[PDB]
J.: 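Can you keep this structure in mind? I'll have questions shortly.
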Amino acid sequence: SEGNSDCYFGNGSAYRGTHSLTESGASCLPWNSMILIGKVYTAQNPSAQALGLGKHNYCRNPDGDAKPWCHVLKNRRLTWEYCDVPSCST
Ligand SMILES: NCCCCCC(=O)O
């Protein structure tokens, strides 16, 4: 409402989040990215629907985690952290 600070309820499962980055890990690997060819969660994944992704880099909760998270690239290694989605609280 009003300013409507991009937030989510419980785990933003059904609702669609607008954030596309992890709290402090890094940016979110493009779901339809080629590096995710048939990988954990992606838009090019045969389960893209269940994944809850799409042609973008938004954060999601394909596993049903807390706040929609997203992949992140670390020191020569891959990762994924909670996205910086400002909860609604109350
Ligand atoms: N719960 C999301 C897991 C995402 C996997 C990312 C990785 O393999 O680093």
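All residue numbers in this chain count up from 1 along the given sequence. Both ligands and their constituent atoms are indexed starting at 1 by order of listing.
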J.: From the options desflurane, edrophonium, aminocaproic acid, ulotaront, give the one found at ligand 1.
T.: aminocaproic acid
J.: Main binding partner of aminocaproic acid in this structure, as named by UniProt?
T.: Tissue-type plasminogen activator chain A
J.: Which residues would you count as binding aminocaproic acid, with heavy atoms within 4.0 Å?
T.: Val40, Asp63, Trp69, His71, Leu78, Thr79, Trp80
J.: Specify which UniProt domain of chain A supplies the largest share of contacts to aminocaproic acid.
T.: Kringle 2
J.: Extract the source organism field for chain A from the entry.
T.: Homo sapiens
